Enquirer: 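Model shown: Mu-type opioid receptor + naloxone.
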Amino acid sequence: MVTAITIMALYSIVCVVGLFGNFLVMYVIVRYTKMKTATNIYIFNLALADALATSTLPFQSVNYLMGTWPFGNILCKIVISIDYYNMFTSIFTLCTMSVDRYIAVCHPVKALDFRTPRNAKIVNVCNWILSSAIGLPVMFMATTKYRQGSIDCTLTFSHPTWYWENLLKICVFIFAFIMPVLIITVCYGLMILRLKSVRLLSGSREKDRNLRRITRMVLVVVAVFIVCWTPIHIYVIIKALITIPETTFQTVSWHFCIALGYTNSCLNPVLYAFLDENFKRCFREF
Amino acid sequence: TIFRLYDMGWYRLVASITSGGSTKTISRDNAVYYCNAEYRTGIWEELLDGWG
Ligand SMILES: CNC(=O)[C@H](Cc1ccc(C)c(OC)c1)NC(=O)CSc1ccc2ccccc2c1-c1cncc(OCc2ccccc2)c1
Ligand SMILES: C=CCN1CC[C@]23c4c5ccc(O)c4O[C@H]2C(=O)CC[C@@]3(O)[C@H]1C5
């Protein structure tokens, strides 16, 4: 009862804080006119995907104690789909945010042309469609089984069940790092080279400070996401090919890494609370 | 404590001999008259002006 209700305390804490922080972020972004910016649509999408991830934690909370998934088939399909929407959209929104910040900093004349909040909505819908094209086949082939002891959710790979599994693992790893992490590294490598030698960016000192603070905030959020999500990805690949044996520390490390990956959704509203002054003022006044 | 100092002058401005020498003897590190300077502490900090 000690470690058990401890773990349920962690579930309740993480789910409540993530849902409250992301709901407050959406509330302050939509209810204020001064928050409608080209880089607050991206944050809204980010705190949409984070709340989508966090909303599935109570179902795991119920599934841990009883040992059986008691909600049926449709909800199981939805949860398994929501995991892959969480991972893919959370990694693509950061990449598109960094490319936006690149356009803003190193191409001011062009970025003045096409950075309206009308463009950000179309980029968000295109990103979400591109993610959903891959995240829907996961809901195609996710079902509740009938195990020996208790019924559990699982991905049932259809014909050979050895080839498609490794295909999905390699595809997720290759895409959801090597495209966005390489794009983000190149974009920020160019941004720093511009920001080092520039006296002023937009001709006014206030515009300089407002243009540098947002870039620092976006870089801190990208670094937090990468540090939270790298160990589970590398550890999934190492379990895939290295064939690690069964050890008393290995399972606990695995469940730590997965817990860190879920815990990353909680942190971002807290970072936005004291990395942006306008967010802090809107949180306090509201 | 300065990321880089950009402009320096003997403002009274008689003439500001900036970091390149334009608008008319440099340091790299990471009749009463007064000389002003402009600088920022780091990359992410806004430009600010200092008086001697
Ligand atoms: C190929 N298999 C899959 O891909 C399914 C995909 C999948 C399957 C089933 C569900 C309900 C689901 O919801 C998102 C996702 N998922 C997994 O193999 C691993 S996830 C999982 C799933 C069911 C669980 C049931 C009971 C207990 C833990 C379960 C955990 C779990 C395991 N380890 C850690 C942890 O973290 C909780 C946490 C607590 C506090 C703070 C942060 C995180 C959760
Ligand atoms: C965000 C955390 C849950 N993740 C979804 C899918 C999965 C996963 C992740 C990363 C890469 C994969 O190929 C992969 O399949 C799964 C697996 O077998 C290990 C743990 C995960 O549940 C976890 C992160």
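Letters A, B, ... mirror the listed sequences (proteins, then strands); counts begin at 1. According to its header, this structure was worked out by electron microscopy, 3.3 Å. Any value given below was found using the heavy atoms of this structure, including those in side chains, with hydrogens, waters and symmetry copies removed. As the structure lists them, so they are numbered: ligands from 1, and atoms in each ligand from 1.
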Enquirer: Okay, which bits of the structure are naloxone?
Expert: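 Counting every copy, ligand 2.
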Enquirer: Find the other chains whose heavy atoms come closer than 4.0 Å to naloxone (ligand 2).
Expert: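 Other chains under 4.0 Å (heavy atoms): A.
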Enquirer: Which species is recorded as the source of chain A in this PDB entry?
Expert: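 Per the entry, it comes from Mus musculus.
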Enquirer: List the transmembrane segments of chain A, numbered from the N terminus as in UniProt, that have a heavy atom under 4.0 Å from naloxone (ligand 2).
Expert: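 On UniProt's list for chain A, heavy atoms under 4.0 Å occur in 3, 5, 6, 7.
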Enquirer: Enumerate the residues contacting naloxone (ligand 2) with a heavy-atom distance under 4.0 Å.
Expert: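 Going by non-hydrogen atoms, it's A/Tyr84, A/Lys169, A/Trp229, A/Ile232, A/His233, A/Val236, A/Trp254, A/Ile258, A/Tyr262.
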